[PDB]
Amino acid sequence: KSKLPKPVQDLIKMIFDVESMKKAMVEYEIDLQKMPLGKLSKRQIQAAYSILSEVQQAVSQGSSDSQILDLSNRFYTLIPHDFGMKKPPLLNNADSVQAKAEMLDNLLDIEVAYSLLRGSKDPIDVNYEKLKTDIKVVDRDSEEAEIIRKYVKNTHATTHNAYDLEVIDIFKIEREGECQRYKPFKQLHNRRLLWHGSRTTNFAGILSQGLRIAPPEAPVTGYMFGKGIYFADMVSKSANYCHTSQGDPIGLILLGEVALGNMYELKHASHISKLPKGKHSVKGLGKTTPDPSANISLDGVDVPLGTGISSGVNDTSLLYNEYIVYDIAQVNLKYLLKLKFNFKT
Ligand SMILES: CNCc1ccc(-c2[nH]c3cc(F)cc4c3c2CCNC4=O)cc1
């Protein structure tokens, strides 16, 4: 009965895949009986973030093993885990705290996906409408597809040699309310078409609610430029955040129009609470940048699809550029790509 094109139906099945959600939770060693998908709650996850912030503070402060163990046990009480024969890993380093924070980020979007899914017509059409997003297939033979394929081909980083990328499908997307929300930023200068990678299990949340900023209660660990929305001009830097594997080599990646305006240019980590007055974004400066002479205009937006060349910058923490905005209204999502990851083994 569903009149949606086959590629769009396949996308809906992929994003609302309950088996992918359960597999993710098993990998995280979550107790699926004590915290089923339907029992995930914002208030409990909020409280879990706060505890992880206390753990992060305890670890860097060099607190006693007693107070670290206490906080570690409090986290596992809020978010039940099942380690089987193995005892529960002690949360006593920054990497472990960041891994649990990123698990919570993914769990929240899985909760959104499951709540939508269980919230006459073909089930595929019903679930499509719940995304509150217009999704159209971009024709393979179109100049539009040629530009996007070239962006993918040209901006694969030399140091990301674990996989090759193949574009399966290109979708043009329009989130309900996003045009009205973006309107004020639409006439800002320096609008750029940039990559945003995420786990497939996040995309129901991303399409229904848009790209969002980490809450205050989330720990600061791994936010190089503070709590904002991060984008790449190199497809492979973003593609890495799809967290695809040989077992599941199909990923989803966004092209967003980002209203960057006056960029605060940084070479090193700075946890931005407030931009300098007159700045609209941060650019992390990479050693390698898309060749600016190959910059193209797609529907009034700059597409940096040039091959990676040396920037001017040797004295930087970053191999590749990154772009951060601190207002959700500065992003207009344009395309969603289904990518095949061909791992080299
Ligand atoms: C949430 N834990 C800390 C954290 C995790 C991931 C990111 C991040 N940095 C990026 C740079 C970039 F150029 C592109 C991306 C990211 C991300 C994740 C979002 N997606 C990206 O493509 C930033 C902070």
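Heads up: numbering here begins at 1 and tracks the sequence. These values consider heavy atoms only, across backbone and side chains, with no hydrogens, waters or symmetry-generated copies. Indexing begins at 1, ligand by ligand and atom by atom, following the structure's order.
In this structure, the drug at ligand 1, out of rucaparib, felodipine, pamiparib, is rucaparib. Per UniProt, the macromolecule in most contact with rucaparib is Poly [ADP-ribose] polymerase 1, processed C-terminus. Of the residues that UniProt lists as binding NAD(+) in chain A, those with a heavy atom under 4.0 Å from rucaparib are the following: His196, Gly197, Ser238.
Listed by number with element, the atoms of rucaparib under 4.0 angstrom from any heavy atom of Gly197 are 19 (C), 20 (N), 21 (C), 22 (O). For atom 19 (C) of rucaparib, the nearest non-hydrogen atom of the protein is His196 CE1, 3.3 Å. In chain A, the residues contacting rucaparib fall mostly within the UniProt domain PARP catalytic.
Those atoms of rucaparib with a heavy atom of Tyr223 less than 4.0 angstrom away are 1 (C), 24 (C). On the PDB entry, the origin listed for chain A is Homo sapiens.
At a heavy-atom cutoff of 4.0 Å, rucaparib is contacted by the side chain of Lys237 but not by its backbone. Contact atoms of rucaparib toward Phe231: 12 (C), 13 (F), 14 (C) (distance under 4.0 Å to a heavy atom of the residue). Per UniProt, the active-site residue of chain A found nearest to rucaparib (heavy-atom distance, rounded to 1 Å) is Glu322, 4 Å. Here is the list of rucaparib atoms found below 4.0 Å of a heavy atom in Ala232: 13 (F), 14 (C). Numbered from 1 in the order shown, with element, the atoms of rucaparib that lie under 4.0 Å from a heavy atom of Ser238 read 14 (C), 21 (C), 22 (O). Those atoms of rucaparib that come under 4.0 Å of a heavy atom in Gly222, given as number and element, are 3 (C), 4 (C), 24 (C).
Scanning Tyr230, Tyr323, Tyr241, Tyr320 for the heavy atom closest to atom 6 (C) of rucaparib points to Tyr241.
By the criterion of a heavy-atom distance under 4.0 Å, the side chain of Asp105, and not its backbone, is placed next to rucaparib.
The side chain of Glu102, and not its backbone, has at least one atom closer than 4.0 Å to an atom of rucaparib (non-hydrogen atoms only; side chain from C-beta on). Neighbouring residues of rucaparib under 4.0 Å (non-hydrogen atoms) are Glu102, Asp105, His196, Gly197, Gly222, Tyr223, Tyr230, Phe231, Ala232, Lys237, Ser238, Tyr241, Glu322.
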